[PDB]
Amino acid sequence: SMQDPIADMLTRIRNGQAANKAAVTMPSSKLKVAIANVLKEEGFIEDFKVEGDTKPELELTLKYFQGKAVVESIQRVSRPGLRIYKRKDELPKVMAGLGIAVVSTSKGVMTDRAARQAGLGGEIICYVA
Amino acid sequence: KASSXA
Amino acid sequence: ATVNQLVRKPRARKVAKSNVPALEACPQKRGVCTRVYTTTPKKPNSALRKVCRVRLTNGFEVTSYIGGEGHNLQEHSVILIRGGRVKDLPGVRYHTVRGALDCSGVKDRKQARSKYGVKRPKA
Amino acid sequence: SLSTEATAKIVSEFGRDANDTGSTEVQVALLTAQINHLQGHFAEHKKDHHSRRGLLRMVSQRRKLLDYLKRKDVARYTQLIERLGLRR
RNA sequence: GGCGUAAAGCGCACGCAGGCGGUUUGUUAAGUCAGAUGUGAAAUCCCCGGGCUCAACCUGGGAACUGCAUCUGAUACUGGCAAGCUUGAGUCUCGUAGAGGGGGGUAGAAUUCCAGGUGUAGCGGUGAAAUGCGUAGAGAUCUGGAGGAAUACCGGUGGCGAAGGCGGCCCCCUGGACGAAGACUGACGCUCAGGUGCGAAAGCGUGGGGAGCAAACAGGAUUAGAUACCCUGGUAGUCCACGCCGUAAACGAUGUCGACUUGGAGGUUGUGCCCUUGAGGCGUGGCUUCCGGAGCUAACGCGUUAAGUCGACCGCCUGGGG
RNA sequence: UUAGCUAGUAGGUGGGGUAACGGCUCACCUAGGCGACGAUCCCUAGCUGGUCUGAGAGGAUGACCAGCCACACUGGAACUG
């Protein structure tokens, strides 16, 4: 059920770009934004938007290119049914590097490539290709 | 095709 | 399926069953040899396969195949059984080693004599 | 289900104010009242397993209701229980 | 890794332990994380050398021993503590449809039986027949009575329920669902091993009831046989009460819960709008068929009532035969 | 196809004891203690370093070598130090 709101993002997004749409909205959650930011910064979506006051709403502007979308794939790693955390060197690398992997660290979220150089580590939110 | 039982 | 489930009732391996259980799961065994008969194999083939019912050492009595054209075996004797089944005769899950203990190798065999037990005849 | 005139009064007493049909102490008082009442139904009949099932839905729900109250506020839990007479 | 048909979703539902849990702030720092320090015997494996002529063997140094404990930091996420918020969940109000259930009445049609009138030798039955049934008069037909059982038409890939399953009309007690402007509560939730409850027909127990049908049983045919199929009977049973039994191809052969992803055509039950000027005209829910995109699929097919794309928990499979 | 196990049993107090804490022992006293994160009960088995296999996660194994343990005809006991 509501149990997992994160894999709801990745799914809505993976599904949105599936049905070649340009904008996908969902209720807003602090962590969600943190992720949103990540995807933007890393160039995986044109950008976020958050016009929610009493009932926080989040919109994501999807990107595209040629005969495909930006995100070749996006999977949930750590879930509420089995949390996964990784050290500094144990941090996972997506597609030999060509692809971020959102890892939350005790000093704010990051990307596998980010946190790596960062020096620390933490739970890994998901896999985006 | 098949032997000793089939 | 689920982790929680696997966490609980954990996955259980499925042990293997030695096609040849004439005990100890050991190389070969010595046996008194109760009877020396000949039987007929399954539908496709039709010979007069030679076999012997042997009283092993560990007490199990079992039927074994006698490979090669002819043998010295009979009534008592004391062969030593090996392994490898005889997909043509069911129940025959063992081969008696040729040219071992009271068993004489195949007379005259010149090819692949290592089996059928025979010694190089005048090189 | 349970007379509108009936249900009302109930809400008042426990519910902080009229219209406060949301407070926990209300559902319970309501649920109880109904349950107690349903007893006489199944008293005879006994074969109306279907209604029974709905009944079960109430008995259950109330428990989980009482269990919620307790967890966040022991005081009102006790207070309520007594004034209702149960949870032996 | 799997379960619509290949082996595989518990017949269904409630729910304790457990697993998991929306959202915002503060705090905690356990989980989590980084640095440090102890420790993690030696040997072995491994990296770069050395020595037996080489290699095996021997050996130097090093990495490693992915672990644990202690301490000082970190704070996103997770856990606890503290206080809220509302989209989850639940409460009330007002409507809506319904073979939902329990209990009790009653209606009409029909079969059979019995009484009586008319009425004559036949009736019944099959592929053809015979058994059967009639002149103590059947069948037929008319009047009436008794009795049990089920309730045409309406009726509809209708509707209701968790499923099993529920259909004449009426009363009584009762469960659930759906819509709508809203009021309240506040995450009170999802799932469920064991547990508990419900659970088609047949069957069992103690009794009652018994028209029609009908295992077993008789007889008649058919046949080479016919311990069947067909025929004439006909007991248990079928019904009721109260237990027990707990099984079905209990099938959508497809667990439940939530979110996401083009359409077309119905059925059904709500609701808001507009000279309702149309039997309707445009909207917005619930339930429910069909067709079919993408995607899935071994294929068949599934296809927003998914076998699509996710997530939580449960159950189950692990070659045939035995 | 093992679901319940335990009276010195669980704790206390108090003597005795031991090299030492300790139910170790005894006396008295509360009545407890463990268990489905699986006690109890059966069956099996020396444990680790490691060894074999594997891309690995693992699976299998623990002869030779070294650490720890245990036994030394079977059962029991103390003595010496």
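By convention in this document, chain letters (A, B, ...) are assigned in the order of the sequence lines, proteins followed by strands, and residues within each chain are numbered from 1. Heads up: this isn't the whole entry, just a piece of it, and contacts are only counted within that piece. Modified residues are abbreviated to their parent or X; only parent atoms count in contacts. Structure determined by X-ray crystallography, 3.1 Å.
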Exercise for the section: List the drug name recorded for chain B. Expected result: viomycin
Problem - PDB entry label for chain B - result: Viomycin
